[PDB]
Amino acid sequence: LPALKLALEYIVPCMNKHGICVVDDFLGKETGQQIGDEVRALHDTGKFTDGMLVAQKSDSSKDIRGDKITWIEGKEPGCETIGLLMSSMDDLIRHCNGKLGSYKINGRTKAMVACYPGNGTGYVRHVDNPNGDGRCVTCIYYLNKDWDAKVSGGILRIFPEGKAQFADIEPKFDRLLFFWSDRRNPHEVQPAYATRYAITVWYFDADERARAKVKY
Ligand SMILES: O=C(O)CNC(=O)c1ncc(-c2cccc(Cl)c2)cc1O
Ligand SMILES: [Fe+2]
């Protein structure tokens, strides 16, 4: 599917109506598996952090850590298919521009690659951008082959429009997810009992980002 068709016929109407959009089979099995291989190699060669401190504990031997991260620009050797994914995300957003709300998107973060180690940790309920830091759209790509949430957990639960009625999104292989980054979409990751990977980029709105500059 050409990016403009996906954008105009699906992403733009889904985002403006619901603030959330799920695209399955985004890149196809071959590219999806190559991204998986690159992320696993990052993991196996120690490129991730040790994980978010979950419980601090007076005996630090008992510390519990959760999601581990690494920031990826997309041009590093061994990361060029992650770079292909990132360019594919940009292609979609570029073909949306002027139609995602009244936002004018003019940049994005590097990719945050996340690894949940499977030790029963998740991610607490939160809003990505609660305080106007410039980020207007969250984009997540999942790469977990044959993920079964009834067995392994790890559901992303989003509370669309902030209301208590929630949407449960499995972190399925080759699934792409967009949602508004602000308080319209509080969300959380339920405990994961197997290794769970995801790649996130955030897109900036020009006006909000130009003002966040003075909030820094
Ligand atoms: O994995 C998923 O399906 C959902 N993940 C998130 O919702 C998330 N959100 C925010 C952050 C995050 C929040 C603050 C700082 C940084 Cl570097 C990352 C990490 C995160 O993993
Ligand atoms: Fe988040």
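One is the number of the first residue; the rest follow in order along the sequence. Read the numbers this way: they start at 1 and go in the same order the structure lists the ligands and their atoms.
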Open item on the list: Could you peek at this structure and say which chain has the most contacts with ligand 1? A name from UniProt would do.
Closed with: Egl nine homolog 1
Open item on the list: Not sure I'm reading this right - what drug is at ligand 1?
Closed with: vadadustat
Task: vadadustat binding site (4.0 Å, heavy atoms) - done: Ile69, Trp71, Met112, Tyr116, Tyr123, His126, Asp128, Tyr142, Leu156, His187, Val189, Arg196
TODO: Can you pull out the closest protein heavy atom to atom 17 (Cl) of vadadustat? Residue, atom name and distance to 0.1 Å, please.
DONE: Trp71 CZ2, 3.7 Å
- [ ] List the closest protein heavy-atom neighbour of atom 4 (C) of vadadustat: residue, atom name, distance to the nearest 0.1 Å.
- [x] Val189 CG2, 3.4 Å
Task: Shared residues: UniProt Fe cation-binding in chain A, heavy atom under 4.0 Å from vadadustat - done: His126, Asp128, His187
Open item on the list: Could you check which UniProt domain of chain A holds most residues near vadadustat? Thanks!
Closed with: Fe2OG dioxygenase
Task: vadadustat N/O within reach of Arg196 N/O, cut-off under 3.5 Å - done: yes
Task: Identity and separation of the nearest protein heavy atom to atom 15 (C) of vadadustat - done: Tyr123 OH, 4.8 Å
TODO: Starting from atom 21 (O) of vadadustat, locate the nearest protein heavy atom and write down its residue, its atom name and how far away it is, to 0.1 Å.
DONE: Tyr116 OH, 3.1 Å
Task: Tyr142 neighbourhood, listing vadadustat atoms whose heavy-atom distance to it stays under 4.0 Å - done: 2 (C), 3 (O)
Open item on the list: Any idea which other ligands or ions come under 4.0 Å from vadadustat?
Closed with: ligand 2 (FE (II) ION)
TODO: State the atoms of vadadustat, each with its element, that fall below the 4.0 Å cut-off from a heavy-atom position in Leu156.
DONE: 3 (O), 4 (C)
Task: PDB source species, chain A - done: Homo sapiens
- [ ] For atom 16 (C) of vadadustat, find the nearest protein heavy atom and state the residue, atom name and distance (0.1 Å precision).
- [x] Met112 SD, 4.3 Å
Task: 2-oxoglutarate binders in chain A (UniProt) with heavy atoms under 4.0 Å from vadadustat - done: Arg196
- [ ] Consider every N or O of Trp202 and every N or O of vadadustat, then say whether any pair is closer than 3.5 Å.
- [x] no
Open item on the list: Within vadadustat, which atoms have a heavy atom of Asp128 less than 4.0 Å away?
Closed with: 9 (N), 10 (C)
Open item on the list: Can you confirm, on distance only, whether vadadustat has an N/O atom lying under 3.5 Å from any N/O atom belonging to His126?
Closed with: yes
Open item on the list: What I want to know is whether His187 and vadadustat share at least one N or O pair that is separated by under 3.5 angstrom.
Closed with: yes
